[PDB]
Amino acid sequence: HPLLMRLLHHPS
Amino acid sequence: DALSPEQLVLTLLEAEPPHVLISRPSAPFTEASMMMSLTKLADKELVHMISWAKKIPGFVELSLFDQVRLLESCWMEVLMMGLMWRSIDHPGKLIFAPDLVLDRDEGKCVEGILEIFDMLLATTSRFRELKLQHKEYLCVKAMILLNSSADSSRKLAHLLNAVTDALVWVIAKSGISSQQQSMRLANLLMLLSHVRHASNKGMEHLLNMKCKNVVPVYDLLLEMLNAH
Ligand SMILES: C[C@]12CC[C@@H]3c4ccc(O)cc4CC[C@H]3[C@@H]1CC[C@@H]2O
């Protein structure tokens, strides 16, 4: 789940 | 207080993702280009769904494990719930985006999708018949996320309870009898089985389109789909 975890932790 | 029914509804209202503006191809739809339009849209909406979920009070406080599995479990259904709301006042049509409006019969160009379109339209029509309100829609969509799939399970149950309490409160604003508020509540929740059913068929159909190489899928949609 790398992209999901990034988007859960990175704001944008 | 951040989770009073009124405050919670307002937070969900402000949390709504923006309109994903996408257009039709200049050319008429083929199997390939319809699927490319729909998957491109879905991926973009997947990006915005994660941001939406992070704005639901207490969602980021959940375990990272729970945040992942809830979004993984519910995303297609939430996507479909969004579509039906956008399409509620437009019989015979699916308003995928403001500039991407498909008639029922246009699903004939993609193999297997027409049956799913009919499920989506049929379920949308029941929601129109019930006169689904925007604030009822907001609570229900949040309930799909939170009811999908130690201290985190308690926080999840509590958060699910608060959104449910908010829906009961929205329904109670109509000033109908306590009998009729219960009937309306049941009627709305019973329709979610049909949305879930449509999402399971949509998932299956998308998996088949990917394996048969009818369309390439990328980014977040690909990842969610590889995960199952
Ligand atoms: C998942 C599919 C592509 C993406 C479609 C979509 C795309 C965006 C959206 O908001 C809702 C839906 C529901 C129907 C979905 C389709 C049903 C079958 C198809 O494979």
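Letters A, B, ... are given to chains in the order of the sequence lines, protein chains preceding strands, and every chain is numbered from 1. Note that ligands are numbered from 1 as they come in the structure, with each ligand's atoms numbered from 1 the same way. Computation of the quantities below employed the complete heavy-atom set of this structure, encompassing side-chain atoms and omitting hydrogens, waters and symmetry-equivalent molecules.
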Worksheet entry | ligand 1: drug name | estradiol
Discussion item. Just wondering - which macromolecule does estradiol hug the most here, in the naming of UniProt?
Written reply: Estrogen receptor beta
Discussion item. I'm curious which other chains are hanging around estradiol with a heavy atom under 4.0 Å away - can you tell me?
Written reply: B
Item to complete: Using a 4.0 Å heavy-atom threshold (strictly under), name the region of B:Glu45 that reaches estradiol: side chain, backbone, both or neither.
Response: side chain
Discussion item. Closer than 4.0 Å to some heavy atom of B:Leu206 - which atoms of estradiol meet that?
Written reply: 1 (C), 20 (O)
Worksheet item: Which one holds for B:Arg86 and estradiol: side chain close, backbone close, both close, or neither close, with close meaning a heavy atom under 4.0 Å?
Response: side chain
Fill in: Dominant UniProt domain of chain B around estradiol
NR LBD
Discussion item. Less than 4.0 Å is my threshold; does some heavy atom of B:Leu79 fall inside it relative to estradiol?
Written reply: yes
Discussion item. Show the atoms of estradiol that are less than 4.0 angstrom away from any heavy atom in B:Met35.
Written reply: 20 (O)
Worksheet item: How is the binding site of estradiol composed, by chain and residue number, at heavy atoms under 4.0 Å?
Response: B:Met35, B:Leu38, B:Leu41, B:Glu45, B:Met76, B:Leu79, B:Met80, B:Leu83, B:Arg86, B:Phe96, B:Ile116, B:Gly202, B:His205, B:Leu206
